[PDB]
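Here we have a structure that includes ampicillin (open form).
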Amino acid sequence: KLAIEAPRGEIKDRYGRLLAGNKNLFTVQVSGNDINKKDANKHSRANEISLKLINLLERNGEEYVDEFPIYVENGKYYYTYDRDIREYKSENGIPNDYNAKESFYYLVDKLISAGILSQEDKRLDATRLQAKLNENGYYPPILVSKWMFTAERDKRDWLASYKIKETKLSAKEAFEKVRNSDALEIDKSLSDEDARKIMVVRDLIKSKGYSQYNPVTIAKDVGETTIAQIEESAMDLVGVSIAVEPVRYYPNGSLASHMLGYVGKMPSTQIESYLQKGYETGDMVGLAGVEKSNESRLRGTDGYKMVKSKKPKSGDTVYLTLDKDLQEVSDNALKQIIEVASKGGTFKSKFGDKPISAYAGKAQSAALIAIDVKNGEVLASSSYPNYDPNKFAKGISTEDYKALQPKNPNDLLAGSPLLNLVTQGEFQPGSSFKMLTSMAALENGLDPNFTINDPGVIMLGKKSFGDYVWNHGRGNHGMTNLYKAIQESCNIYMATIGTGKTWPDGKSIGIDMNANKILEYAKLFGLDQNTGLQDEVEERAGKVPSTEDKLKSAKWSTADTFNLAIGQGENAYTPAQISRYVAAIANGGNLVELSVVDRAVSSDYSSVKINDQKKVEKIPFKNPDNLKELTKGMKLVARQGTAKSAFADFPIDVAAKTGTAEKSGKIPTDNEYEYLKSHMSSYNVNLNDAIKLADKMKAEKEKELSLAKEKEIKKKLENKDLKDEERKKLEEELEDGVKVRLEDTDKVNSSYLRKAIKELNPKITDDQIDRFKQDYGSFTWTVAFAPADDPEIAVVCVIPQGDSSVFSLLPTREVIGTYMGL
Ligand SMILES: *C(=O)[C@@H](NC(=O)[C@H](N)c1ccccc1)[C@@H]1N[C@@H](C(=O)O)C(C)(C)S1
Ligand SMILES: [Zn+2]
């Protein structure tokens, strides 16, 4: 019974253009049996052929599998195992001199402090506590049982297999054992550079198991020269052969990488899982995006033979909803606005260029989605930075995935390229949320023409709330009704109808409006629900701030109402959510369930519409004609409002709202205590003096708590009728002396170091102490639907930390333009 693998189903675009398909490659395979069987010779020919093969490939410039666990970086021998531990610790802020148990709890402490666990949960059966981490999404490479790192155990089991049960820690000395090994018995005459090159092949073959099912692929892709010299030089290279193997390939490279996703190695965690589902070991699998969601479908139905014969059926071809041609525009447009904002320059546009400032340097990431407002079909979805799915095809999880794929600063809004910002970046909505505020107000009787003489600022607090024009110059909007409000983005107007009062001069207006009702409408526009993509691709949906979860643990502040009413406060939603919200305005008030997987076609050209059952459910508005006001305003934004700069001389009637959201405060560090330490000098304090003092403050608190604990125990002991067993426990506490200890978390250890800094420099502020941390920063937005009077397309474009609002409009214009067939 042999393993005949089915050809992987293709992924195509809406119109049938190949996005992901298969191609054949020449691999160099090596037979274990053949290379290292002997008859009369003491030594097999293995190490002689091994050394010959690598050198051959090396000369010809062929890339070859090298998963031998000891490397040479600068005459220094290092374990891959070990590098893997200390690289894991960096990415969580665990001090590299922490052992596995210490490393483990550090990660628990991390999440308790973060409101993900409780201080009580902190102690449990480690297995139950690991089970709490895993289901919660943190998989930390540690064996709870022996309190040791997986990759350290694997270092044991490797030295066990070459019968080196003596674990004196060594890399170069261990290399020699394995070289001069019983089971490999290399020539002592040879070079140490040559020996490793042999061990590469010898360890490959040895790691694949005892029974040695089939040959072993030593090089996954080779030129015409090698295939000649391996077939030619056949008499030397006994076990060596050429095979043809199919690989996955993405013709258009990184185009739509996140939606498509990628195939790679089974994550070793799950190998067991996949072998129970009937996969072979060498098999590649869907790891992200549609490649993963439709893994079963694309996998096909593989076949078998005996040879002591049934044909495999190929995977169904999966058609996405994306337009290959609209996707290119959106990927290219996002790529431009970041690379031009990098340094400086200008943005080229089929629809008339614009130069952009150089000092917009903080902007690294960006996202954009365009959907069919009638049926939720996702026509283009684009997140930057991104990745070439082709680099995972072969199975490069060792290094190049660790080199460039996870990124700064373990907060993904500016960071990792694997992240699909369109479905996984929760951002502050911005002022797009203003048509949502307005809708609810309109629906509580507001007259669009209600006009106010614009202060530019409310001074309800000691602190001030004001229009952007009033925050820069002494600003004003003057005579403002809803239409001018939406058109120039007046924040005051929005606060006033938000609260349904006038501040602070008259209080109530003719309408019953409040933060709860603003969130009631946010809910109705489906900002509380998953988009529809949740089961097609990786999505991390936002949640509408719960008014109910405030009460059960007073009401909403009338400055929590102000912010919330202009897309600030705890609002935080994916751009794909915002896409549905805007679609509902655009399509007369219908909440469309989004789709990115359109249909599938079998080998036998049978088809099926997958996005067939996608809810298009009518939002129960007290009067959907109200949505016509939101448009009327949104059109003025394009005609003579904030977005006039880009949309005024534009063939298409476009309804747009701009935005920019400032999220307050700093992004917390991996390790607060290390932070304070590494920044002590800049606070004009001495580390030793700071540390010493912090320890004194802790010892001072430990005493204070001991004294009180003592009083408490003595008081319990004064209680007559206190069953003996308890009286004995309370006595056994005291009987030695009570010595209370603070936990020795990072939250605690740091709390004191901070307190000590504040003493030793009595003028320094908290903000000054925290200046070196990353800012959550600003995010600049644009949402639009076209053509305004009979809309077909809704587009949403976010650039976190973009300078002007023009960065958001320019990709939204290119995409609108291209869709409309200009
Ligand atoms: C909506 O997002 C509004 N933005 C704000 O109120 C923020 N407090 C803010 C953050 C960063 C810079 C300035 C203000 C209005 N809409 C914006 C737009 O459409 O571009 C705005 C700049 C007119 S303010
Ligand atoms: Zn105003």
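All residue numbers in this chain count up from 1 along the given sequence. How was it done? The header gives X-ray crystallography, 3.0 Å. Counting starts at 1 for both ligands and their atoms, following the listed order.
In this structure, every copy of ampicillin (open form) sits at ligand 1.
What binds ampicillin (open form) most in this entry is, by the naming of the PDB entry, Penicillin-binding protein.
At 4.0 Å, heavy atom to atom, the residues around ampicillin (open form) are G430, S431, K434, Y468, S489, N491, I566, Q568, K657, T658, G659, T660, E662, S805. The structure places a covalent bond from ampicillin (open form) onto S431 OG.
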